[PDB]
Structures are given as C-alpha cells and as structure tokens.
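Below, read A as the first sequence line, B as the second, and so on, with proteins coming before strands; counting in each chain starts at 1. Recorded method for this deposit: X-ray crystallography, 2.5 Å. Remember, it's 1-based here, ligands and their atoms both numbered in the order they're listed. We use all heavy atoms of the structure for the numbers below, so side chains are in, but hydrogens, waters and symmetry mates are not. Excerpt of entry shown; contacts counted in excerpt.
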Amino acid sequence: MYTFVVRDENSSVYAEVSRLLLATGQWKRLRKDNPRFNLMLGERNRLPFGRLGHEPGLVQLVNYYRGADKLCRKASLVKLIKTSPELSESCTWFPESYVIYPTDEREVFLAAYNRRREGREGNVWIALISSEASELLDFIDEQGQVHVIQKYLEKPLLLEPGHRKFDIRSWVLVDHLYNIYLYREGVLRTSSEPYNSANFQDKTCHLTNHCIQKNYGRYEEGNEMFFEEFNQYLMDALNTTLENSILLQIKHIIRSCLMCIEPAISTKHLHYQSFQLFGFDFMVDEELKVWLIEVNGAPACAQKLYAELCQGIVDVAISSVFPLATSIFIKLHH
Amino acid sequence: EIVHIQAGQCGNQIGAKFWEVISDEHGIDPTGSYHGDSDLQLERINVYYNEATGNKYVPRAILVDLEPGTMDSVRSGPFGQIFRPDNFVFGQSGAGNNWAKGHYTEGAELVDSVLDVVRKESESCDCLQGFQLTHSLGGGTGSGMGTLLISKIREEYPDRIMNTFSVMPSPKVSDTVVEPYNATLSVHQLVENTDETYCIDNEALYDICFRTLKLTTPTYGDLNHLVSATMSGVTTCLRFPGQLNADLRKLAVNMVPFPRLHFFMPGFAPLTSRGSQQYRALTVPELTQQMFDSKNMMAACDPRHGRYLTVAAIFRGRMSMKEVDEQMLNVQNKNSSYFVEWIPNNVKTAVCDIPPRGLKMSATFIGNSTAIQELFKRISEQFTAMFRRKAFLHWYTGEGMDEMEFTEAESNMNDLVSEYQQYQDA
Amino acid sequence: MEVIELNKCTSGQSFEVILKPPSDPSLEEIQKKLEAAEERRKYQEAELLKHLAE
Amino acid sequence: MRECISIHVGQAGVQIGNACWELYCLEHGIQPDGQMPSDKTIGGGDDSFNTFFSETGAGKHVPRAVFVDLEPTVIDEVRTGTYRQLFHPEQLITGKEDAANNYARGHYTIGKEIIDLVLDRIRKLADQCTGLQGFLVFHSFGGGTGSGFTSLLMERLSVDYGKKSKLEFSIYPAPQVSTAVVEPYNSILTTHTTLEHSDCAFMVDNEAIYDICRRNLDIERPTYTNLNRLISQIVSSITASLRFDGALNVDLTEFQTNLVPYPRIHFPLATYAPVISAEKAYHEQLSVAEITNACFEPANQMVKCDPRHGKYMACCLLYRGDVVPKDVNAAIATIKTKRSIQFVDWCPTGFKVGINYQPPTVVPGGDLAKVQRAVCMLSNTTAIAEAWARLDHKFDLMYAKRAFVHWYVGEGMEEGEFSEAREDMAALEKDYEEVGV
Ligand SMILES: CCC[C@H](Nc1nc(-c2ccc(NC(=O)NCC)c(OC)c2)ncc1C)c1cccnc1
Ligand SMILES: Nc1nc2c(ncn2[C@@H]2O[C@H](COP(=O)(O)OP(=O)(O)OP(=O)(O)O)[C@@H](O)[C@H]2O)c(=O)[nH]1
Ligand SMILES: Nc1ncnc2c1ncn2[C@@H]1O[C@H](COP(=O)(O)OP(=O)(O)CP(=O)(O)O)[C@@H](O)[C@H]1O
Ligand SMILES: Nc1nc2c(ncn2[C@@H]2O[C@H](COP(=O)(O)OP(=O)(O)O)[C@@H](O)[C@H]2O)c(=O)[nH]1
Ligand SMILES: [Ca+2]
Ligand SMILES: [Mg+2]
Ligand SMILES: [Mg+2]
C-alpha cells in the first residue's frame, strides 16, 4: 500500500493521475502536510525539494525535476541555448532571440536589426508582433517584467483548405532513470481564421493559443487536429509523412534539449527521485523545417488524450518505482 | 535511584507481584541474595534495590495500607521476606472503599509516618531521580491516601519525577458502587501531581483474560499477571543497560507535550496466561502487529478513535534490530493518520537483549493517545448517574466533604476530556 | 588552469588553482540573563508551594 | 607554534572526541600511556603536533582537551578507557543529573551551577599556552547539554577570550538514531545563541553518516561506534593542517579567511572519499580523479543536499596519501566540464588544494580499509541551507501547537526566546537565498 499527496489542485493532468492511483486500491491519498508519503504531486511554485528523501523507510518520488525551470522559462531558455556548447549560438532549430530588460543584450539585438533592414529581408519580430524595433522596446518598458525578443517566422506552413496557421504540441515524459519518452499522440493547435501576411495587428490568426481562438470549430472540433489527420494531409498535399518531414526534427530537438540539462537535474544518485511531464511547442515553416518555440513545465493535455497519457504516467513513471501485485511512448534513445 | 511505594489492597498486590517478577530477572532470591550468571543483572540494580550488609539486595519499596490484612499476606508471600521490615507502615481502621477516609481522616492520621520512611530511603540515595506508586483509584486507601502521599511527596520533593501505575475501576470487576466517585476524585489529583500515569483498566484486563486468554472466570491473580508483566516491561530500560541511555526524566519530557496530558495506554505482547507455556516464539512482524492491536491494550480504549501524540516501544530478546526498525517504520507509514503530524517522528523504539521469564521475546507498548479520553468519559458517565441523585454521598459528607468538591472533580475531569479532544482534530 | 602559491615541504605540498576570476554581550549581561531565569523558576516554585499550602 | 584547545560537550561531543584523540595518537605515533618515541625533544618543544598536545618532564604527551558532561555515564568510560592514562582528572568534568534533552535546562538551570568550574579548568590549559589561537568545540544540536550548555560556554569564551577564534563540530539531528522528539527545538535555540560567537562550524548530519555506513561499509545497523570512527576521520582531515607541516589552513584564523567570506554564513559542507569496507576482500584502489569526482556526489557529503542548485563561496581540497598537483589539476579540469559548479560573482572560481603524503590512518579492528589516497572537500555552498529548511519546518510544526514548550518555560526560559530564535533562523535562510539565487 503506497501513499501519496496532492499539492496542486489546478493540475488537470495529475487530477486524473490521483484518480487513477486511488482506483487501483493500492494507493492511498494523505493530507497535504503529511510527510510520510511515497509520491508527491507537488506545487508549481516553491516546491520544497530540500525536504524530500529524508524520511527513513520511505522511497520518495516527486513529479517535478528540480532545476528544470531553466528550460521552461522564456528568458532562461535563450540563455541556456546560447551559453551551452551542446546547442551553441549557431542553433539551427531555435529562432534568433535576445533577452531584454525594462529600463541585458539590447545593443546586441539592434545589431541584428540593422542587417535585416540593410538587407531588405523579413524583419518582423515578436515579444506583440511588430516590424519596428521602437514599437517593441517601448512595449516591454511599459509592461514591467522581463521579456524576450524573438524573430518572427514570416513564412509558416499553412494548412488547406483555409490557409491557416498552426503549432504542434508534443508531450514528453522523463522518468527517474531519465528515459526520454515521447507520447505518440501530439496535437496541432490550429488557427481558424486565415493567415494575414500584411496586418500583424490582428493577432487572432498569428497566435494559435486554444484560449484566443475560443470561426472556432469550423474545420476540426475545437481547433485541434490530431496526428492521423495531419499525417493524411501531408501525404495528399505534400506527398510525405509526419514521421519524415517533421517528427524526426521534433525527436531531435526534444532529445537535444534534455541531454543538455541532464547533468544539472538528474536524480540518478540522489536521496530522492524525480520525473516530469513536459510540453514542447513547435512551429513548422513552409519548407517543412521545425522550430522550437518554448517548453512547458506544467502542461495541460487534450481532452481526447487525458485517459491514455495519464494512464501512461502511472505505468512508466510511478508504477516503475512502486510496482503493483503495446507502449504509447517512443523512447528517444541516447 | 527510584523510591517505590504501594498503597492499599490492589497497590500492594500488584506491587508485590512486580517485585516478584523483576527479582527473578535480576537473579535475586526471596532471601535477598544474588544468584545469576550475567553481570548485566547487577549493572543497574541500584535503581530499585538498596545494597545491604552481606551480599543481599533489599527493594527500595514502601508498603502502605490502612488495613493490616493485605500487608500480612505480602509478608507471608513468596518474596515476603525480601522487603525491609521498617518499611511496613499500616493502620488498623481501614478505609472502607472511601476516598474521604483515605485522603482526609483515617489516612491523614498515618501519612506522616509514611513520609518518614520515604525520607529515610531518599537520604540513602546517591541521586534520587523520582518516585513510583502502585494503587487502585476505586477504593479508599490506594485512591485517597495514595493521592494524599503524592501531594505531600511533591511538596518535599518538588523537582523529582512522580510516576503512577493506577488501576482503573470497572463494573465488570467491581467491589463497590462508589468506585466512580473515588476514581473521579483521584483523577483530579493525578492530573496535577504526576508526570506519568499508566492507565491500567480492569475492564481491559478482564476482557484480555476472557476473550483472548480464554479464562472463563478470571481472578485478581490472572489480572495481576498482566500488570506485573507490563510493569516489568516498561521498566526494562531502567533496570538493564542497553543502547538507550535510559533516564526517568527524559521519558517524561519526550512523552508529555502538555503537562495535564500524561495518561498513557500500556500494552504488551504476546499475551499469556498464568503458567500456560506457549512454545512458539513470535516473529518481529507478529510482535509489532499485536502490540499495536487494541486487544493488547491494558486500557479499554480503541486507539483508532483517537490519535497518538507519542509512542514508546521496547522489544525484549535476541532479534534483528534492523527487522524491528523496518516493522516499526511500516506501521507508521501504513497508518500515518493515527499519528499527529505536529510532532515529527513521535514513535521511538528500543531493544533489550534480556527477555522476560517464560518468553524468548516480547514487546511492551506505551502510547500517549487521545483515545484515552474514552476511559475518562466512561468514569464520568458512571459518576453523573449517581451524583445527579446525590446517591451514596452520605459516606463522604460524614467524613467532612462537601458536594462542591464533587462538582469540582466532575468539572476538572470533563476539562481533561475536552483537552484531549482538542488535539484529536488538530 | 593557473596554479599559484605552490609551497612544498617534506610532509606534502599545497597550492591554489584558479579557473576564473570574479565579476557581543558582556559578563554583566550574561549573568543577568541567567539570574532572570532563576527568579522565574523561584516564582513558579513559590506558586506551587502556595497552591499546595491552600 | 600556536596551541589549540578542544572542548567536548555532551554525549556526542565526548564520544566523538574520544574517536578523534584515539585517531590523533595513532597518526602522530603516540601510545596510550602518552609516550611518543619519535619525539626527541623530551619535556617540551614547539612542533606542529604540539598544537594539540603539551608535554610533561616525564615525556608524556597530553591532549589539550577538556571533556564536559552533566552526567558521568559517558565520561566515566574515558576515565576507564584504553586511553585513560592519556588524560588527567582535571580535564574530565562530570555533573550529577543531565539536561534531559532540554536546552533551557542545560543553558539556564544546570548550566549556571557549573559554568564557572568549566571555565576554570579551561583557564588552566590556557595558561599552559604560549600563544593560544582558539578553540575546537564538539557537541550535538539535539542534546540538552550539547545544545544548552554549549551556547552558554560559547558566550563566556567570547568574553574571556575575545581575540580568540572558535570553531564548531556539530551533530545535526537525525530521527533514525535519535531517541528524543524535541531536538528541533534545541537545535534552533543553540544555533541562534551560538551564531555570533562561532566563526566556522562543520555540521555532520547523522542521517548522512548513517547511510554511508550502510551503503559503503555494508553495516546493516550502524552504532555510534561506527558513526564516530568515520566522523573522526573527517575531523582528522580538517585538523591535519593544524597538526602537521604545511602552508594551507595552518591556523584557525585561516579557516575563516578561506571558507567564510560572510560571517553569518559560516557552515562549510564537508565531503569525504573513499569510504571502503575493511572486510571487503578485493578492492581496486581509486585514483585521484575518481576520489576527487566523488567529492561532488551527494551520497558522500556529511549533509545530504544538492550543491548543483546553489552557489559556492569557497572550496578547499584536502588530500591524504599518494597525490601530486598534476593529477589534481587534471582531475579538476575534467570535473569542471562535467558538473554544475556555480560560484558567486564576487568570488573567484577556484580550488585551494592541500596535500599530505601520509595516507589516512585507520584504527585497527575498525570498519575502514587502508587506502592509498583519500580526500576531504570543504565547500561553502548555499545548498547546505536545505538542512536549515528541513529543521525549521519541524520546529514550526511543533511550535504551532506549543508542544513541549512548558518544559522549557519551567526551567526559567521565556517563550519569547523560541520565536526570537526562529526569527534569527528565518533571517539566516534569507541570507542563503540572497547569495544563492
Ligand atoms: C517517545 C519515546 C522516547 C523515549 N526516550 C527515552 N526514554 C527513556 C526511558 C526511560 C525510562 C523508561 N522506563 C520507564 O519505566 N520509565 C518510567 C518509570 C523508558 O521506557 C520507555 C524509557 N530514557 C531516555 C530517553 C531518551 C524512548 C525512546 C526509545 C524507546 N522508548 C522510549
Ligand atoms: N554521531 C553521533 N551522534 C550522537 C552520539 N551520541 C549522541 N548523539 C546524538 O546527539 C543527540 C542527543 O544529544 P546527546 O549528546 O545524546 O545529549 P547530551 O548532549 O548529553 O545532552 P543531555 O540531554 O543532557 O543528555 C541525538 O540526536 C543523537 O543522535 C554519538 O556518539 N555520535
Ligand atoms: N518566432 C515566432 N514566429 C512565429 N510565430 C510565433 C513565434 N513565436 C510564437 N509564435 C506564435 O505565437 C504564439 C506564442 O505563444 P507562446 O508559446 O509564446 O506562449 P505560451 O506560453 O502561452 C504557449 P503555452 O500556453 O502552451 O505555454 C505561439 O502559439 C505561436 O503560435
Ligand atoms: N487487578 C486488581 N485489581 C484490584 C485488586 N484488588 C482491588 N482491585 C481494584 O481496586 C478497586 C478496589 O480498591 P481497593 O483495592 O479495595 O482499595 P483499598 O481500599 O486501598 O485497598 C476495585 O475497583 C478493583 O478493581 C487486585 O488484586 N487486582
Ligand atoms: Ca617535543
Ligand atoms: Mg478491596
Ligand atoms: Mg547526555
């Protein structure tokens, strides 16, 4: 009889996990501040890692990797890729980005802005989306917090019919052995309104967040195209598959990012253990070249996939540590 | 050193039984002479025994009563000769199961004589640590005079530890109808003037003898076999050297987070009847499971109806301390809800290499549970049932008591109940 | 990289390697605290013997 | 030469002290009867080992140590121990009844009636010193004596010996071997009162030592004898520079300079390797690179924490055995590129290395195997704050209900001292935070 605690109520993912665990009749839920637990579904902020793995006679496990925030923060991700020799400044799959502080590398950003202007090529950027540097720097100083300036992909792959923009969400699970598991079912969070190349003011077709969109539900249910449909579209329209044209680059980017920070977050020889579910956001251009947008440390799943993914987390991340009395994941070997 | 006292019929009969058991463990004969094989038996014998001229050890015990009946049975008992003759302090009138007689009139006439023996024993101690009393709360002498002694011992020794092995009354094992009165009046004294009170419920001892030991009609002898075994159990760490550098005060400190809440639930495993040798030794998981079970509690209270504040466990015999560590950590992790979270690691354990007589290994349990309130609530209901009609009250008013003092005792015990309830929901 | 302050002897040797450069109460008071605690103990003990006297 | 006086308080301090002085004697070649055949300067001298020993005309070498406990149980085993002749009665002080795991009882009540005696016996040793630099205090956080009386002693020493330094070897409480429940109280209380008086304190979590004895020595149930032998080895590595010829950490003041830039943050993390079982038949001797790399494994630290998620302010490497600077720098270069070693911006990213050619001595019949080379890393990392966080949490859980508080109040202490102590610890955790992130 294993025991666990829940310290994040807003977690739609681990609300299902806790439900699944209790349903096995071998997992009991304790109170929040009960230290005698085997599994901790911890909070998103101020997770007390320092209090884990100090309970005698208890193998403890947490659903978050300490230090993984360096990957899941926009300001941190840029610094991580730029400073790490494994990824380097000459990273092919990450858009040109710079860190900007409200009144740092602002002078470094303007240096690239000149080449774009004195080269007569695409000079559009994103934080709001604008082509003028002055309009951007004034916006950052007016917000308050730190922001990242990034190159805008002016030539995205556009779905037909509709001429629509989209982004790809991949769910990655890293267990305690640091096996990088890629959930086979991803989702395309598509735009319903056609992509406007000229007017960047209309952010309803530039930003593909599920919240903004909610022409909602015209092409597919809930502006969410799963892989079977998108794969079929690539075969019919572009005479290729999702595996070759896109997914190889995805698996490469996912694996490369996690291999980089592995020695900084690994719990191989620690007194407590860690696993975590990540949400990689990608962006495909017209030449079928994949770009990494960001990484989410506390991602939400798709309604169709909650039953399968949440069950998966129990199998490989939890039950692997705490056994009980074909696979949905793709193991990115390294 | 510890100064032992035993007051009244019950007190002297469990007290004598207690000295009988540990005397055998320390290798001391009724003659008083040591006859063992291990020096371990004598390394901490000074705690309970004074060394006399010759090679004979004399218990640091003081036998008190208002009737010579029981004390004459002790002196003619098995280890009747071991006791110091001067330490026999007895009246002639008796107490007639009357708390008033024992605390105010008959006992007050004798209490000074007792203290003279206590002082004479204390002045012989190199460094007196505390006292311990064996008595019942249902009668008159052990209940009334026993608490009177406690009050006066505290006045002269206000910085010493005071422990008690108090036998609680029960209708299942009852001598008179006025037992709830005597007990309620006694608890009032115990809440104030004791560091530790081991609540020994005759209801529990009876049920154990009947339901578990399968004794159809248990005598007071069958009941006392359980008490003596438990008492030998709790005092194990004090009487034998081990990893736990035992100390009277340290137990009182680590077991009692709040001064009034010092009423413990004793437990023992395996449960055994008189003379009935059982030949199968229990595994460590079996010892751990039984000692925590309600059937093994000497206080008729369901621990699942409350929460453990602190727990002391003492295993005896040759066994893997690792296996003990695993099984103890297992119980807590399996049932962590029954332990308060605002006292981290409140379950401590120790192991003594020397087992008790008759058993290859055993386990003794001392729990400070909030479930003990069930005991006090039980006495309270029996008390109220009579007091609302002021029944049998003339026995007490005749000795000079007033109805107000009963109302005060009723109130103070109800405060103890609610105080135990306060931390059951924390 | 850079080893500096190398000192050697028969028993051993010590040095420093740099990889990168940077970028009370008095006796009066004590005796007063200890005695203040003693008075608080004496007060509590007096209240007990006063309570027991009653 | 400048002398150093060792002070052992409480059960933990005394028993650990015995393990250390036992080990010191074996290292310097001193016999149980105090005789030192290799010491050709009979009757006195001022060699490096005289920092911890004084000499009699008879040629006996006595520890500059004072044992103090409020209970005679433990110190009596020193009076009758195998090194009984080594010390003399005036060094061993014992009381009648202990502090009963109560800080207030050890500090105020019983502490007051013996503090003058201890300081007098300490003053006797201080008079035998031509140039005293400071004190090494051994004690536990959990014990009433180790916590209570030590804080009082540390206060008076700062008054009676203002210019003198004072280092601590503290045992951080661990439920796995502890038998008390109120040790979080005593720990917060003694840390608060001692903080301003201590220049540098080496914490040793019993949890860490306990698991190292289980994992690396294959001892199912480690006893205090097992723990103390291993602890004494770490302490020996730290104090070797004071007892042997060298140029790194040759006086107590240098410990502060090298390991403690900020005064309040004076808790260096110790990491030791290799720990090998003596009953292990076949052992491939580890190299400089392997043992130096092991100094960055959390499983080898005296306190379990994660240095990766913190910042360094200083780092010293203390080798013993067959080691040379070349192999060290080669090992450092490899480790630097493979591990997360973040220093604070206002400190140089570097390592102060110290080597002693004599390999680490082990007690005959002990659990440790003789190794060709060993190392002890002293690194002042903010990651050790995790130990304060763990402890203060346990404190808050108990104090929220005022559990066991009446025991402290009953000894003359004010309840305000609980919160005032907890506030100081809250300030300390903040200091680590500012530096760490
Ligand atoms: C929460 C319980 C903590 C308790 N700790 C101690 N317990 C004792 C101790 C002293 C006397 C006894 N025996 C007694 O009979 N005491 C009352 C007369 C004892 O039995 C439990 C423990 N001494 C020192 C310590 C530190 C303890 C530890 C291990 C096992 N049992 C009790
Ligand atoms: N490592 C180690 N820890 C010890 C040793 N002895 C005691 N301890 C620890 O010290 C804590 C309790 O403090 P003690 O030293 O035993 O008590 P004390 O200092 O004598 O103070 P008192 O309460 O008056 O007895 C416990 O948590 C133990 O784990 C020891 O020999 N080695
Ligand atoms: N460099 C770029 N070029 C083109 N489009 C971009 C871009 N960066 C972001 N976008 C688009 O703008 C949106 C920005 O969303 P972003 O991912 O930055 O915010 P977010 O953090 O809310 C994602 P999530 O909510 O899943 O965590 C992305 O959905 C993408 O659709
Ligand atoms: N276990 C046990 N309980 C007893 C014994 N004698 C009396 N009692 C209990 O004590 C109460 C009677 O008190 P009593 O011993 O007569 O007190 P006394 O007047 O001081 O002698 C009853 O409730 C009994 O349950 C005994 O020999 N064994
Ligand atoms: Ca000399
Ligand atoms: Mg009777
Ligand atoms: Mg002690």
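Per the PDB entry, the macromolecule in most contact with ligand 1 is Uncharacterized protein. Lab note: drug at ligand 1 identified as lexibulin. Going by heavy atoms, the other chains that come closer than 4.0 Å to lexibulin are B, D. Considering backbone and side-chain N/O of B:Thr310, none are found under 3.5 Å from N/O of lexibulin. Contacts of B:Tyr198 with lexibulin, taken as heavy-atom pairs under 4.0 Å, involve the side chain alone. Lab note: entry names chain D as Tubulin alpha-1B chain. The nearest protein atom to atom 17 (C) of lexibulin, hydrogens excluded, is given as B:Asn163 ND2, 3.1 Å; this is a heavy-atom distance. Given atom 19 (C) of lexibulin, the protein heavy atom at minimum distance is B:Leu251 CD2, 3.7 Å. Distance from atom 28 (C) of lexibulin to its nearest protein heavy atom, with residue and atom name: B:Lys348 CB, 3.6 Å. Lexibulin places these atoms under 4.0 Å from at least one heavy atom of B:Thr235: 15 (O). The B:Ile366 neighbourhood of lexibulin comprises atoms 21 (C), with distances under 4.0 Å to a heavy atom of that residue. Considering backbone and side-chain N/O of B:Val234, one or more are found under 3.5 Å from N/O of lexibulin.
In terms of N/O distances under 3.5 Å, lexibulin is not approached by B:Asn245.
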Tabulated below should be the N or O atoms of lexibulin paired with protein N or O atoms at under 3.5 Å; can you produce that?
from, atom 1, to, atom 2, distance (Å)
lexibulin, 5 (N), D:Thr179, O, 3.2
lexibulin, 13 (N), B:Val234, O, 2.8
lexibulin, 15 (O), B:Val234, O, 2.9
lexibulin, 20 (O), B:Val234, O, 3.3
lexibulin, 23 (N), B:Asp247, N, 3.1
lexibulin, 23 (N), B:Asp247, O, 3.4

